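Structure containing nirmatrelvir (bound form).
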2 protein chains.
Amino acid sequence: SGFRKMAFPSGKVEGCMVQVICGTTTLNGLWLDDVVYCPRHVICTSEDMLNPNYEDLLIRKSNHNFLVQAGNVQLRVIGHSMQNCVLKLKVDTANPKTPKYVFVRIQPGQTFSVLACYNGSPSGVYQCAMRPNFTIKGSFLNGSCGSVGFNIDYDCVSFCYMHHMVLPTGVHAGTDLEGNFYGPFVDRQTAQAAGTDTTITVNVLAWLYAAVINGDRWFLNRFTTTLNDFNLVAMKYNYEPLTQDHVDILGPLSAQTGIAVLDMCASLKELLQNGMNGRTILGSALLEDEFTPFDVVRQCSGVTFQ
Amino acid sequence: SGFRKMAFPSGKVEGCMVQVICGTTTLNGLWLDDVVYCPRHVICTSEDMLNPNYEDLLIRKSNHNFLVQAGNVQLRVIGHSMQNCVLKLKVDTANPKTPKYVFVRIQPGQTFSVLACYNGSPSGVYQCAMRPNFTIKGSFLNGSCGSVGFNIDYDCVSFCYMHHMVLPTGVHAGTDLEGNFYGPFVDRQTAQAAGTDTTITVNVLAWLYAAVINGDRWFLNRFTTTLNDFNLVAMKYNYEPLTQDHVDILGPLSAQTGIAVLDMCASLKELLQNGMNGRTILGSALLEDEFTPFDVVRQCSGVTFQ
Ligand SMILES: *C(=N)[C@H](C[C@@H]1CCNC1=O)NC(=O)[C@@H]1[C@@H]2[C@H](CN1C(=O)[C@@H](NC(=O)C(F)(F)F)C(C)(C)C)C2(C)C
Ligand SMILES: *C(=N)[C@H](C[C@@H]1CCNC1=O)NC(=O)[C@@H]1[C@@H]2[C@H](CN1C(=O)[C@@H](NC(=O)C(F)(F)F)C(C)(C)C)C2(C)C
C-alpha cells in the first residue's frame, strides 16, 4: 500500500565516508579498504578551479599535504595517484567497515540513492535517476563534492556516482568511481550546459503499473497498440523510444497486474495526447519517470538487504 | 542547488532493527539497550486480529514463545510486558549499537524518516509527515509492522513512530514508541476511516521559500496581506490557519530570502485563488506541504549528523 520515492538504507555507505582536507579546501571521500576516493579538485584553490592543470597541481603535493579525518581518528596518507577526475589516497589503515562493494557505470534512466555529505558527515539520503542528457536532478550545497551514489544488492554496495559540480538550470554532474564523467562535462569552473533532456518512457510505464497496483486505475482504456504506433506518438512529446528490451524489462509488472505492456502503452498514448483532465495519478499531476521497473517491483514486493 | 524529499541517514536505526517471531507471526522490532519494542499484534493469529483480546493472548505466552533474531544471533527473551499497543521484550544481551536516543510524540505537520523493514532487515528509507488527521502517507507491505519513524538531532535518534496498519484510501496509522496510537485508531482488523485531511499551510510557505532560494520566483507578487485576510482565504480551500507561532517558525526563511512572511502569504493567496496557470514550482504542478520550515533550512543550509 502506498508508493514513495524510496532510497536504499544508507548505513553501509555511512561507515565509508571521511573528510578529506588539502590545505584550505575540504570535501568528502569514500574510504574502502586502505584507499580513500575523492574528487581531484580538492587540491585546487578557488583561483585554480577556473582553469586547473590537475597534473601540475598534484606534482607539488606530497602525502603530507592531505589530511583524512574518519570520525575522531586522523588517517596517515602514504600514497596518492590520479585516475581521471578522482583522486585516490592510500592510507595506513584499512576501513574495518568496508562492505562488499563494486564500482559500476550506470546507464541513463537507471536510478540510485545519493548520500549527501558535508565535512565527511552524512546529512541526508534521496533517490535520483541518471537523465538521458547524463545529468542528475540532485540536491547539493557547497562542500558536498565527494558524496556518492549507490545501489544495494543484498549485501553488496554498487557505487556508481561521485558528485563534482552543478550546472546551469540547477542540474548536477559527476563521475563514476573511476573518475570518468557522465556526459561531456569537465571539472572546470567554466560555462557548460547539458543537452536537452528526455522523458524515460519505460520508467513512466513502470510508474503507471505502480498506480494500478495501488488501485489508481482511471487511465486504463480498452485499447491496445503496436510498438511502432506508440513510439511515433511518444517522439512528438520528447519521450524516448520504447525498445523490445524495455518491454522485456516490464514483464514482471505485466505479470503481476495482468495488463499487457502494449495495453498499458495504449493508456500512456491517450494520456500524452489528451492530458490528464485535471486528475492525478499516485497523487501527482505530472507523469513520473524516475522509478525503474525494478524499483516498482522492489517497492511493490518488498526486497530487503543485509 | 536543487530540492528533494530528503530522509535522514538511516545507519543508526539500521543497527537497532531485529526480527521478532511469535509462533507463526513475524514482524520487526526495535532493539535498544536490552529491550526489544514491537507491535503487540505479533502474538495474534490471523483469526485473532479480527477482534483480539491482547491481554488474554499475552497471558498464555511465556518468554520462550518469542524468538528474536538479530543478524545470525538469536537473543534469549527473559521478560515481557505490554505498554499500550507496543510489546516490550527484555533480552539477555544489550544492543552494543544502541545510539543515543529519545522517545518523542510528534505533532501533526511535522516530518520524519521511515525505515521500512521486513523480517528484521532494512529495505528502504523515505520521508513522511504526520497529517492533520493523524495518518501518514507511507509505503508499506505485509510484514512491515515494527518499522519505525525517526528524526536525527546530531547524534541523537528521536523515535516518534512505529507502524501498525493501513487504512482505507491507502493511508497508514501507527503509534509512538510508548504504544499510544496517533489518532483515534485501534489495532484491530475492523472497518475504520480517517477524518478529512487538511493542507499544512506553514509547510507550503516553507516550500515556497525553498522555491525562491532555488531561483523559482514567478509566483512572487508586489502585494502584502494581513494574517486575518490570508487565513480567511485559506479556510475556503481546506488550508489550516496560520498562527503567530507558524510565522515565528518561518522567520529563518524570511531572513535568508529577504521576503517577509506576509508577503509570501500574499503570493500563496493569489496561487490559491487563481491557480498555477499551467506552471510548475520546483518541478511540481501541485503545492507541496510535507516540508517543514526546519527541513527547508536543513536542506538549504546543510546540517550534518554523526
Ligand atoms: C563540491 N563541493 C561543489 C558542489 C557544488 C557547489 C554548489 N552546488 C554544487 O553542486 N562543486 C563545485 O563547486 C564545482 C567544481 C568547480 C566549480 N564547481 C561548480 O559546480 C561550478 N559550476 C560550473 O562551473 C558549471 F557552470 F560548469 F556548472 C559553480 C559555478 C561554482 C557552481 C569544479 C572543479 C568544476
Ligand atoms: C504489519 N505487518 C501490517 C502492515 C499492513 C499490511 C499491508 N499494508 C500495511 O500497512 N499491519 C496489519 O496487517 C494490520 C494489523 C491487523 C490488520 N492490519 C491492517 O492494516 C488491516 N487494516 C484494517 O483493518 C483497517 F481497515 F482498520 F485499516 C488490513 C485490512 C489487513 C489491511 C492489525 C492488528 C490492526
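Chain identifiers are assigned alphabetically from A in the order in which the sequence lines are presented. By the PDB entry numbering, chain A shows 1-306, in order. Chain B is numbered as in the PDB entry; the shown residues are, in order, 1-306. Every heavy atom of this structure was used, including side-chain atoms; hydrogens, water molecules and symmetry mates were not. Note that ligands are numbered from 1 as they come in the structure, with each ligand's atoms numbered from 1 the same way.
All copies of nirmatrelvir (bound form) taken together correspond to ligands 1 and 2. The macromolecule with the greatest number of heavy-atom pairs within 4.5 Å of nirmatrelvir (bound form, ligand 1) is, in the PDB entry, named 3C-like proteinase nsp5. With heavy atoms closer than 4.0 Å, the chains neighbouring nirmatrelvir (bound form, ligand 1) read A, B. Distances shorter than 4.0 angstrom occur between a heavy atom of A/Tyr54 and an atom of nirmatrelvir (bound form, ligand 1). Residue counts put most contacts of chain A with nirmatrelvir (bound form, ligand 1) in the UniProt domain Peptidase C30.
In terms of N/O distances under 3.5 Å, nirmatrelvir (bound form, ligand 1) is not approached by A/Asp187.
Within 4.0 Å of atom 13 (O) of nirmatrelvir (bound form, ligand 1), not a single protein heavy atom is present.
Within the 4.0 Å cut-off (strictly below), no protein heavy atom is located near atom 29 (C) of nirmatrelvir (bound form, ligand 1). Nearest protein heavy-atom neighbour of atom 1 (C) of nirmatrelvir (bound form, ligand 1): A/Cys145 SG, 1.8 Å.
Those atoms of nirmatrelvir (bound form, ligand 1) that come under 4.0 Å of a heavy atom in A/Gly143, given as number and element, are 2 (N).
In the entry as deposited, the covalent bond from nirmatrelvir (bound form, ligand 1) ends at A/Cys145 SG.
The active-site residue of chain A per UniProt that lies nearest to nirmatrelvir (bound form, ligand 1), with minimum heavy-atom distance rounded to 1 Å, is A/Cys145, 2 Å.
Residue contacts with nirmatrelvir (bound form, ligand 1) for A/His172 involve side-chain atoms from C-beta outward but no N, CA, C or O (heavy atoms, distance under 4.0 Å). In terms of N/O distances under 3.5 Å, nirmatrelvir (bound form, ligand 1) is not approached by A/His41.
Using a 4.0 angstrom heavy-atom cutoff, A/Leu27 does not count as in contact with nirmatrelvir (bound form, ligand 1).
Neighbouring residues of nirmatrelvir (bound form, ligand 1) under 4.0 Å (non-hydrogen atoms) are A/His41, A/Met49, A/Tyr54, A/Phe140, A/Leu141, A/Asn142, A/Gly143, A/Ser144, A/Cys145, A/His163, A/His164, A/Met165, A/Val166, A/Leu167, A/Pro168, A/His172, A/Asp187, A/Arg188, A/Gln189, A/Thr190, A/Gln192, B/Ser1.
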